Amino acid sequence: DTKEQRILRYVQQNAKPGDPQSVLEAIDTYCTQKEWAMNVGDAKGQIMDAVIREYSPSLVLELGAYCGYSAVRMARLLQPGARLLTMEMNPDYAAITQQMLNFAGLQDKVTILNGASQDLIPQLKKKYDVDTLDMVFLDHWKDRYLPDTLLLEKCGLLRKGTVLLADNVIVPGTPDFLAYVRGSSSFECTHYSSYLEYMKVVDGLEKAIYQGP
Ligand SMILES: Cc1c(Cl)c(C)[n+]([O-])c(Cl)c1-c1noc(-c2cc(O)c(O)c([N+](=O)[O-])c2)n1
Ligand SMILES: Nc1ncnc2c1ncn2[C@@H]1O[C@H](CSCC[C@H](N)C(=O)O)[C@@H](O)[C@H]1O
Ligand SMILES: [Mg+2]
């Protein structure tokens, strides 16, 4: 089997069904003690939790689901009626994410989009009944952060106050995205310095709040 299947099996065998917090702790436990994996982790996840609780977004878009750790982390804090849409181009990973969300009891809150973000972003308004996004979590391939941010703006998916939260802006790093949002008056930026998941390597999240054209 794969590492992603072993993570899901550990959750199914150790986490409590319908308990998102228990599912998160099981994923973090397995990857801390057995196999490292690119989940956002508990250190940066706690910063994510605080950002989510401050802005209380009604519609969240996630770029990169992997095994569903970040989707479980964000969906467990959403108000009733709020929605999370997550895009995952790997079908093997998205099948794991769906089973992870089902186990945590959050399937009614999260919708998985199978495909590449650059192909799915232009179809959000028509196919998934989206006006503008309240929050965007960027966590896919690092070279897509900036072009997808420009694509989200072109398709009219950003409004004044839309919160962009970017992972891995230090390690592995997103230099072009970081330089663009920090240099553009369209984005007010705040850096939250933390640590790479399950490690003591320095990383951080960048919050970029859209201010308009
Ligand atoms: C593990 C590691 C170590 Cl020990 C060192 C020293 N360095 O330099 C790097 Cl770069 C890595 C590293 N490899 O992959 C990732 C990573 C993390 C994500 O959170 C993420 O989302 C994605 N991703 O591909 O989406 C990738 N990090
Ligand atoms: N262009 C793209 N469109 C959609 N998904 C992409 C993508 N490029 C990479 N990805 C996916 O994004 C994932 C990044 S790992 C992200 C982990 C997750 N956000 C968490 O914290 O738990 C990978 O699984 C990869 O398959
Ligand atoms: Mg990441």
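The numbers used for chain A are those of the PDB entry, and the residues that appear cover 3-215, in sequence. The basis for the numbers below is simple: all heavy atoms, side chains too, and nothing from hydrogens, waters or symmetry mates. Counting starts at 1 for both ligands and their atoms, following the listed order.
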*Asks:* Which polymer chain sits in most contact with ligand 1, and what is its name in UniProt?
*Replies:* Catechol O-methyltransferase
*Asks:* Quick check: what drug is at ligand 1?
*Replies:* opicapone
*Asks:* Heavy atoms under 4.0 Å from opicapone: which residues of other chains qualify?
*Replies:* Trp38, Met40, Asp141, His142, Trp143, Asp169, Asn170, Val173, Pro174, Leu198, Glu199, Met201
*Asks:* Going by the atom numbers of opicapone, which of them fall below 4.0 Å from some non-hydrogen atom of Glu199?
*Replies:* 17 (C), 18 (C), 19 (O)
*Asks:* Where does opicapone share space with the UniProt S-adenosyl-L-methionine-binding residues of chain A, that is, which have a heavy atom under 4.0 Å from it?
*Replies:* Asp141
*Asks:* Pull out every atom of opicapone sitting under 4.0 Å from any heavy atom of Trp38, numbered as shown with elements.
*Replies:* 1 (C), 14 (O), 15 (C)
*Asks:* Using a strict 4.0 Å cut-off to heavy atoms of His142, name the atoms of opicapone that fall inside it.
*Replies:* 25 (O)
*Asks:* With a cut-off of 4.0 Å, which atoms of opicapone are near a heavy atom of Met40?
*Replies:* 18 (C), 20 (C), 22 (C), 23 (N), 24 (O)
*Asks:* I'm curious how opicapone sits relative to the natural ligand site. Which residues UniProt lists as binding substrate in chain A have a heavy atom closer than 4.0 Å to it?
*Replies:* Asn170, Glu199
*Asks:* Would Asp141 count as being in polar contact with opicapone, using the rule that some N or O on each side must be under 3.5 angstrom apart?
*Replies:* yes
*Asks:* Do any other ligands or ions come closer than 4.0 Å to opicapone?
*Replies:* ligand 2 (S-adenosyl-L-homocysteine), ligand 3 (magnesium ion)
